[PDB]
Q: 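To start, I am sharing the structure in question, which I have written as structure tokens.
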Amino acid sequence: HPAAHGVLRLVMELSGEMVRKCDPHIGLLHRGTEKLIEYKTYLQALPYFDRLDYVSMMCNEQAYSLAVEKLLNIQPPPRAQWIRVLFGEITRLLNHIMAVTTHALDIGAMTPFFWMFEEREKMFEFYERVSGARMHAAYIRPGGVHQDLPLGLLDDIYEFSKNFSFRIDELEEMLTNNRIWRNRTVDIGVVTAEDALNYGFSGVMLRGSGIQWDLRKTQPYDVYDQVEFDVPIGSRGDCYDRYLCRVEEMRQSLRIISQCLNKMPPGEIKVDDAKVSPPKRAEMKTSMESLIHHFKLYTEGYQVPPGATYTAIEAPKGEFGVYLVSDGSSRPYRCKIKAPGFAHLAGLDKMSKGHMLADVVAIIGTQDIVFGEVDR
Amino acid sequence: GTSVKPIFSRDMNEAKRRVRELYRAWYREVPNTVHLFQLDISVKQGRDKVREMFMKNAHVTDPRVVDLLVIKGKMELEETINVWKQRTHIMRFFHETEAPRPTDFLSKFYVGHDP
Amino acid sequence: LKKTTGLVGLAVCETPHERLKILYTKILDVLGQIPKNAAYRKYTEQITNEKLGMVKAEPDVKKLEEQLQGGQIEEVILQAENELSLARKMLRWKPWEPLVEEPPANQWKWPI
Amino acid sequence: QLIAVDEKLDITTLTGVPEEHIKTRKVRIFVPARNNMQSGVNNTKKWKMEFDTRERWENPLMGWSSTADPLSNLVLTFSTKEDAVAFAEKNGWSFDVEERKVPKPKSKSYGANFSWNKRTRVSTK
Amino acid sequence: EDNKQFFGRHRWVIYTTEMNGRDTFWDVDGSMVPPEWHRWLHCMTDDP
Amino acid sequence: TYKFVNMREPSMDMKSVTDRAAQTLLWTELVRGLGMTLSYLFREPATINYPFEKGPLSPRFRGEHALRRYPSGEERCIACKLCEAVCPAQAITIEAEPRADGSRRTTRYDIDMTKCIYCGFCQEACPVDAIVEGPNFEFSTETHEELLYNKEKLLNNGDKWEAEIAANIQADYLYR
Amino acid sequence: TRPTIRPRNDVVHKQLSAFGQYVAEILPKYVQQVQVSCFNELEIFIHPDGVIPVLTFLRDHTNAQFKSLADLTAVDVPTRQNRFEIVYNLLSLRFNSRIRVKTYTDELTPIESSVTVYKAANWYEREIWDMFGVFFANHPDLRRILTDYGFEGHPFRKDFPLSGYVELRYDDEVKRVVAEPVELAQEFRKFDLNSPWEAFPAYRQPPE
Amino acid sequence: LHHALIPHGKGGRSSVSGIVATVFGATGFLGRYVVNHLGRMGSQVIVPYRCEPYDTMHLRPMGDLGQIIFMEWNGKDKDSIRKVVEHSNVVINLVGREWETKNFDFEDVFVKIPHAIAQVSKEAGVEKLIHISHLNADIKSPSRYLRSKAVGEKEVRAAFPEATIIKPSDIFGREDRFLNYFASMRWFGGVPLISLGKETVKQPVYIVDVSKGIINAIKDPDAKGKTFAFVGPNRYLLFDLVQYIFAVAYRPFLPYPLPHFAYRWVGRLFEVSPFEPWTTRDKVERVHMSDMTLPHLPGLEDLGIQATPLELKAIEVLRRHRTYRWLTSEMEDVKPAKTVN
Amino acid sequence: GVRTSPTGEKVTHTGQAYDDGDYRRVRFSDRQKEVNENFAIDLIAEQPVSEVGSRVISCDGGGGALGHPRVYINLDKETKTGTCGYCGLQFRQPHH
Amino acid sequence: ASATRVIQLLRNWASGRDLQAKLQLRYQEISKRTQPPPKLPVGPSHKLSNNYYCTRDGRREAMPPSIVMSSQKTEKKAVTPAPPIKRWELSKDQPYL
Ligand SMILES: COC1=C(OC)C(=O)C(C/C=C(\C)CC/C=C(/C)CC/C=C(\C)CC/C=C(\C)CC/C=C(/C)CC/C=C(\C)CC/C=C(\C)CC/C=C(\C)CC/C=C(/C)CCC=C(C)C)=C(C)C1=O
Ligand SMILES: NC(=O)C1=CN([C@@H]2O[C@H](COP(=O)(O)OP(=O)(O)OC[C@H]3O[C@@H](n4cnc5c(N)ncnc54)[C@H](OP(=O)(O)O)[C@@H]3O)[C@@H](O)[C@H]2O)C=CC1
Ligand SMILES: CN(C)C(=N)NC(=N)N
Ligand code: SF4
Ligand code: SF4
Ligand SMILES: [Zn+2]
């Protein structure tokens, strides 16, 4: 189904066209990611997170890397942290573009999809230049980042950031004050703050309902405590307010990108601990200890001290968390993945009370569900 | 522990009562399953398969295990009634595409190393 | 006075002080049934009397909100209602009793 | 109050394993032998439960090693022989238990290499 | 090449009408470019 | 800090009321949307003329795999199985034995391109730069088996793309 | 300074320890153990029948307003008598904190459903049942959520094989998809990666 | 045996069954069923085809990677026949048309092609050869189809003395001719029958049973040079059979007698179609002809297969011919036809 | 230097070639066998032997960081050449 | 880009903004695909003296979690997990949209 994101079976009970109950059937994209992670090492499990929410790739990677670093009791270098924040905001722009444009496409607007996807192509070019893969970079790793930026990436990112506010303004010229868009989105899928908190919504859902909560402000990670940005807050808790919140979050991510570009520091890109992060190629090919550590890291991997952690980040779709349990070996014993879309899709039924089929389409769009992360 | 927490049904009598209730629920459903899914099997075949699936767990002597089995049976039934399943799964109950696995020692010896 | 609380589903209350006094008095009344040595009774009585003292000494709603540090006065009222319901449930549950049962010999060991 | 079940625990009907792999499988509970190529003994701390070896054949294409045994790579770790035995019994597989082999204490003396009248004297260093 | 065009259309290729033993007047492939011109066309470098 | 996205209120003065009434009766924002769409119509499209124009790429690009050689012609791979060990998808199979001259060389080196996730860990773990992920990406096949590469196919890919692979490695090896 | 070593937060460690003592004193009937990890994460191990009272307290108490149920999962440890370990991760927005509550259960012992405390517990407990076989007593709708219709066995258990027991394909004779016993063209290769040398002296266990 | 031909596994999709079979006419009804069974067993299958490669697409998912090989062949090309049978130890012959095209006739498809396949297979050293014929293959039969069948059977036995010649009666299945041909007479008003179908007795055989028998004949070591007859368990009059077909299809049944010469002229009219003809004079002759009784020849019970009665698998074929009114009617709703035993 | 088997099938550098009676040769019918015509053993034989006036030599494969890890070869046994085994390169002390 | 002035003026009128100030196509303003070679910084732990791994071993500083309360083994004020979150201040940059 075009509006079902391809892999969602939504068994609906309709009286005419009014919705009586929604029964989302998920698992059509269940792969057994957690079991496979239990069978892989820590370095071999990063692409699994890369493929969980395939619209916020470096965000998933950053969450996993934060969990592993917290368990390892190490610290990424400041340049690595700044790169992580910059690319996290770039990925937030990517995800918000995808969400808003697919929402408008499910409602009946496609030209913003095409424009913002040209912008997405440019950001994919940034991804590919920094990593070699257009979307599934596998770039952010426990201890920092894999490789340093090329010598034109910052200038190109500055050019793109400079020429993107006009794109957002053109998007807003088509939907924000349009009466048809307001009719479709206003007072649709209204969720109260208490209901959102009880159902476990996170991120844009809470902020649209009016809850002043943002993990980047309350529980900062990396260098998010050194950047300045505003947190959009909704008033009516509907699709229109959530769309406005997402657009303003795009603008604030542009702010953060500008700040990161100006404040990019020098230094190394991964923790200077060859027992955790691999050494350079020259050191490997000239130093005996470096060769031994490269061999061991790429065959057995680093051992993580026993313990369990739950680390969460403000991924573009809400609070994305990982509960990682290590038994002292080089492979994770348990890896539970908390995707924000799981609770939202669980709460889809309540938000679609007294609505119709088109309203349910709009509510799914405003929930912004990715079933890779929903099912895992 | 000596005082194991019961799921329900307490002793084995109430567990048997729940087993019989679930058996009645399944038995009255086979004609509807055949009609809706447009199965090519007979109603007698469906009832026989329900009977066989019930009988393969006849050796259970633990009330908690019986309660879990009837819970999962009710889950399977509610999957069938709501047409959540397809003809694919209902026929998966029948193993219609498997070759008849040999069971005698001589045939097992001939085919391979399987005990 | 204020138009909205900024939270969907949270209506503005025109009588914050009276409602807060009533709720805190009800909570204190419920806590009287709990045995004296129970640690839930002491802490909850302390915090309730501490917060009930503030509402009787500050007529201004904004300064009262700043003193309570519990969000807006509507959020404080909602939390008082939740505390009252929790006190009733805790009266039913009686969790001040000793431990129900010790776990097996190695239940929380890790790594294992 | 609370019921009592005076019978051995058995969850074979709930695990979902096929009857073939329930009845015709004999697991091996043991402490792994130390890898003789290394002196480290940290891999001989926990008991391991592993299944019997089944057939592996050669793929007609690409010559890979095919298999048909689901439990070929299934190895479980248990802290104690009693725990492993209880798990195997409740899961219904047959099991063979092998006792842990710990090296016997040995008397080592550096001065025995220079004995005045014993054969323990070494001819080189 | 034409640098006045925007990035992406400032380099292009006209494929041959016959390659090896195939009549390639119409059915032009994207894999017909040898590696060096492939690198230059995909802009991994500015040196032809 | 925080900001409100939708918290404004319209002025109720007569001029603003008449402006809103005119916007309601005369579809002003709809005309604005039409104007934006017309502007985009008169703009220049971003479509490239594929396959005659190819999208930009970088020296770090991960494409089809290849097995390289030293300039002398000897194979770089030393059968160390680091790529096989680190491969997340277990898409690499390696079997080796002493060669006729005693070298440590592989006899089987298979990569399943329907199982590989193109993550590039194999070229990171290679200590001799033998296995690489080249720049080619136009290698779609009509049959499944053609995507199950072996040592001969990977060596052919290396010989076919050696110049471009060497140039890319020279361009990007200082960041590794 | 040590650039490669994560700094500690004694203030947060002390606050979490004080709150753990607070909850342990308030609820002696269920709280079996309290821990604070060295990266400032509070954990409470309680008796399995105290799930509802403990969660209700941690949600409604004024000093513990853990309104949001961040996560709910289980961990399978076969070597224990009670293999399944149910984990609740809670977030308190008012006090800007997180807590963890861990209980234990086995195959045949139900765990009281916590959908009356948090609504996300509905789908979280459905997933726990589907993946581990743990039954929740008062669940409004308890059924498989992720596995295939009619799937047998609970995949996330440690004793469930990685590839399962059945695989699907389309059989032209019956004109439908069929499920047949698993058979791999290339078997998954098991690697023994653990080094035989102890890595962390601080986690050494008594030989016993 | 060669080390590559030793069976391995548990007879699944990824196992090795030691069978390398060249299946001529695999792009057909019985051909597709046989190829599916071979691939499910886990055998190497070579599919010689002359049609468009698009029409061979359904055979691809029938086997694991590299087990199905498609090689273009020409019927009158011994070079292509040798190319496709060079490396196979079993050769199955299922080539046959129910009509005669401009380039191929019943002599070509039933005598020349089977003889060429048998002779070339003998030179190539193929261990086993299965050849499909018709049960009512009579040298003096009124039907050119059956005359060519008998002559080609004799030629095949002469060329390859160690052959297994199988004689199915009337295969019925989803993509069959029999049940579909009898159920497609709705469009032409009533059902024309010769002598009202009262002088014809037929026992159709199930397609899956035929395919299983063919597979078992390969694995049976003492079926090298034999002749098997594959017939169903029940014999019906033609009138009763067509009446049961229409009853299961839930279509009104209006039969009427049509004289044999008039029916032959009607068949002559329908065979002028350049495409696949709806019916032909030979088809009318075969339909009117009664199925022979051959007690001395072995059968499905001798090969280890229990013949599936028509009353069980008739609904698989005839449910497609129903309307929305009777689509969901159950299998048991229609009484079995009156048998003649 | 590719060689042809008695069945007409080219042998790879690993000596792989199906037997005459092997059914698996049918996969190459109407298609081709992917064989690399350059043999590394032959090429490295074609490469000459270097002569350096030192007991110990160091080989990194050339190119610095583009080559293999640096190793040291002891040129003391004059009856044979010292072969760096990463790249199969032979060094020798000048005798006579 | 390359366009006539009349079409540019029509686009400016229809869109309401000077498009040539901020376009969506890249014309020679991006960095060249060929760049001078870099020389990345080495790191903090690349010293030749006073650099022992035992003094900078992050993993070995990890400790088993402290057991605050274990059942096996005045008037204290009630506490909280942390001081209550302070109220967020409205943005001075743009408080309202
Ligand atoms: C993950 O998943 C995905 C999603 O989430 C589910 C997504 O959202 C998306 C996003 C998708 C989008 C954004 C796409 C939507 C946006 C768009 C812009 C798509 C727009 C689509 C359309 C406009 C489709 C409409 C067009 C259609 C359907 C084509 C129909 C074509 C026709 C020709 C109609 C038929 C006309 C006929 C038959 C006319 C016939 C005429 C005659 C018979 C007349 C005959 C006349 C004669 C014979 C006269 C002859 C005369 C002469 C002179 C000839 C003589 C010459 C001779 C040589 C003979 C993607 C990609 C996705 O991946
Ligand atoms: N079907 C029945 O009722 C009965 C059939 N038989 C016999 O069983 C065999 C299989 O019958 P069935 O599957 O039903 O019939 P089909 O017509 O469906 O199949 C015939 C097969 O032979 C191929 N073929 C036909 N003509 C030629 C030719 N000139 N050269 C090469 N290949 C050719 C066809 O391929 P393509 O797609 O290219 O035409 C197709 O693969 C036949 O020999 C038939 O006589 C025996 C008793 C009953
Ligand atoms: C977001 N994803 C994965 C979609 N498939 N989306 C869509 N609109 N089709
Ligand atoms: S790119 Fe990754 S998945 Fe692919 S072969 Fe290399 S290591 Fe394996
Ligand atoms: S990592 Fe390199 S040298 Fe080692 S086995 Fe793989 S390709 Fe060969
Ligand atoms: Zn060398």
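Just so we're on the same page: letters track the sequence lines, and every chain starts at 1. Quick check of the header: electron microscopy, 3.1 Å. Displayed portion only: the contact tally does not extend beyond what is shown. Just so you know, ligand 1 is whichever comes first in the structure, and atom 1 is the first atom listed for that ligand.
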Q: At ligand 3 in this PDB structure, which drug or drug candidate is present?
A: metformin
Q: Find the chain with the greatest contact count to metformin and give its name in the PDB entry.
A: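 By the greatest number of contacts, it's NADH dehydrogenase [ubiquinone] iron-sulfur protein 2, mitochondrial.
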Q: By chain letter, which other chains contact metformin with heavy atoms under 4.0 Å?
A: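 Heavy atoms that close belong to A.
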Q: Measuring from metformin, which other ligands or ions can be reached in less than 4.0 Å?
A: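 Answer: ligand 1 (ubiquinone-10).
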Q: Identify the binding-site residues of metformin at 4.0 Å, heavy atoms only.
A: A/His5, A/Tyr54, A/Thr102
